[PDB]
Amino acid sequence: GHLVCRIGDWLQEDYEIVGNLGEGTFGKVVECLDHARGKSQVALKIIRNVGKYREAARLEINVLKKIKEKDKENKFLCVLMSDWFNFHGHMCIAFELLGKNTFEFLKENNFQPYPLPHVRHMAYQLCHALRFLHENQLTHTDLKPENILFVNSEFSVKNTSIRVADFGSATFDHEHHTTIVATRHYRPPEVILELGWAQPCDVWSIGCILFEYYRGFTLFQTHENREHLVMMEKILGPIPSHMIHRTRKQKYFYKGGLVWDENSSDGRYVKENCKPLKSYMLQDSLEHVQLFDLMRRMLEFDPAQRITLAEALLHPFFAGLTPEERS
Ligand SMILES: O=C(O)c1ccc2c(c1)nc(Nc1cccc(Cl)c1)c1ccncc12
């Protein structure tokens, strides 16, 4: 179960619960203030009191600790842990309080896109943020607009400074890698086909995420693996032959081709809605085709070929940045 807490209640004599920020499958996240940071507001993740979620949070904390000792002064746009503790079996982590995540704001705007300069700056942050993560033997395994926070989402949102949050899935290079790892919508072909994954996973997701920013809607609105693959093929091109010879999950294929009932409800859905990636472009200017060229390289089927965030940052699309955007 959860925790015995209403508003005004105190934790460890530092925080007072002023209200709820959200609640999920892991526990609560509440808004607070601090005695010793004096007046200071924080989001306070509070993991439930069950064995498995506890041991899990611990691993997460280890991640946030590592993030907090490389990012010397904090130029890398990761959510900052300000404190953690074991408040009676419920692991608790104090994060610095931020705005709404890039998806709420998109929902509140009735799912209509951020303009290109908005995207371009968010992409820039995202690449930069995760490249920092990747050069420290990490993979966030759960990127998705819900997990990217605006520092402040005053509204067009006034300031496109963002943060990456919820490292509850971040995995180190030594650690055991689970077979399946992303959010269905942001999950790369190598994971669907169970070919092992690592950092490139993140880049695939990031592509999906930038698509969603630019158009307002999820790129792979799907629920089953087979459909998901078919969407991939229609939008990005045929799945590279060596990836099919190399896959255990052959149920999805026949004679090196995807098995698909085009007349099924998902078949018809795909035919009506899924189009080549180029054709989802709004305008044909340069700063648009550049963005899409980036996205396509981010959505390379083959994770050994897929561009890296270190390479992504050397892209002519980012040329369109404000020098105050630049840092
Ligand atoms: O996991 C983290 O690192 C994490 C870290 C910080 C926040 C967060 C999740 N979620 C917030 N929002 C939120 C919104 C809906 C549901 C839930 Cl459970 C939480 C939030 C808000 C303001 N400042 C920091 C955060």
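Just so it is clear, chain A uses the PDB entry numbers, and the residues here are 142-296, 310-481, in order. What's counted below: heavy atoms across the whole structure, side chains too, no hydrogens, waters or symmetry copies. Counting starts at 1 for both ligands and their atoms, following the listed order.
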**Q** Which one of bifonazole, oxyphenbutazone, halofuginone, silmitasertib, spectinomycin is the drug located at ligand 1?
**A**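 Here it's silmitasertib.
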**Q** Which macromolecule makes the most contacts with silmitasertib here, by its name in UniProt?
**A**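 Most heavy-atom pairs belong to Dual specificity protein kinase CLK3.
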**Q** I'm curious which residues sit within 4.0 Å of silmitasertib, going by heavy atoms - can you tell me?
**A**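 Within 4.0 Å (heavy atoms), the residues are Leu162, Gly163, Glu164, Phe167, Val170, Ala184, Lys186, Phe236, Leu238, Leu239, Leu290, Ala319, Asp320.
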**Q** Considering only protein heavy atoms, which is closest to atom 23 (N) of silmitasertib, and at what distance to one decimal place?
**A**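 Looking at atom 23 (N) of silmitasertib, the protein heavy atom closest to it is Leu239 N, 2.8 Å.
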**Q** What atoms of silmitasertib come within less than 4.0 Å of a heavy atom belonging to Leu238?
**A**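 Checking each atom against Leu238, I get 22 (C), 23 (N).
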**Q** Can you tell me the protein heavy atom closest to atom 17 (C) of silmitasertib and the distance?
**A**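 Nearest protein contact, heavy atoms only, for atom 17 (C) of silmitasertib is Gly163 CA, 3.6 Å.
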**Q** Which of the atoms in silmitasertib, numbered in the order shown and given with their element, are less than 4.0 Å from a heavy-atom of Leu162?
**A**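 The list of qualifying atoms is 13 (C), 14 (C), 15 (C).
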**Q** Identify the organism of origin of chain A according to the PDB entry.
**A**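 The entry lists the source of chain A as Homo sapiens.
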**Q** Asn242 versus silmitasertib: do any nitrogen or oxygen atoms come within less than 3.5 Å of each other?
**A**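 In fact, backbone or side chain, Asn242 has no N or O that close.
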**Q** State the UniProt domain of chain A containing the majority of residues contacting silmitasertib.
**A**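 Most sit in the UniProt domain Protein kinase.
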**Q** Which of the ATP-binding residues UniProt records for chain A come closer than 4.0 Å to silmitasertib, counting heavy atoms only?
**A**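 In chain A, UniProt ones with a heavy atom near silmitasertib: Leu162, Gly163, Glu164, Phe167, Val170, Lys186.
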**Q** For silmitasertib, which atoms sit closer than 4.0 Å to a heavy atom of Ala184?
**A**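 Matching atoms, with element in brackets: 23 (N), 24 (C), 25 (C).
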**Q** Do any N/O atoms on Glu201 end up under 3.5 angstrom from N/O atoms on silmitasertib?
**A**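 No.
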**Q** Counting each atom of silmitasertib from 1 as listed, which ones have a heavy atom of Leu290 under 4.0 Å away?
**A**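 Per the distance check, 7 (C), 20 (C), 24 (C), 25 (C).
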**Q** Return the residue, atom name and 0.1 Å-rounded distance of the protein heavy atom closest to atom 5 (C) of silmitasertib.
**A**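 Heavy-atom neighbour on the protein nearest atom 5 (C) of silmitasertib: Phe236 CD1, 3.4 Å.
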**Q** If you have a sec, work out which protein heavy atom is nearest atom 9 (C) of silmitasertib and how many Å separate them, to one decimal?
**A**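 Minimum-distance protein heavy atom for atom 9 (C) of silmitasertib reads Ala319 CB, 4.5 Å.
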**Q** Nearest protein heavy-atom contact for atom 2 (C) of silmitasertib: which residue, which atom, what distance?
**A**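 Nearest neighbour among protein heavy atoms for atom 2 (C) of silmitasertib, to 0.1 Å: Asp320 N, 3.2 Å.
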**Q** Which atoms from silmitasertib have a heavy atom of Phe167 less than 4.0 Å away?
**A**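 Atoms satisfying the 4.0 Å criterion: 18 (Cl).
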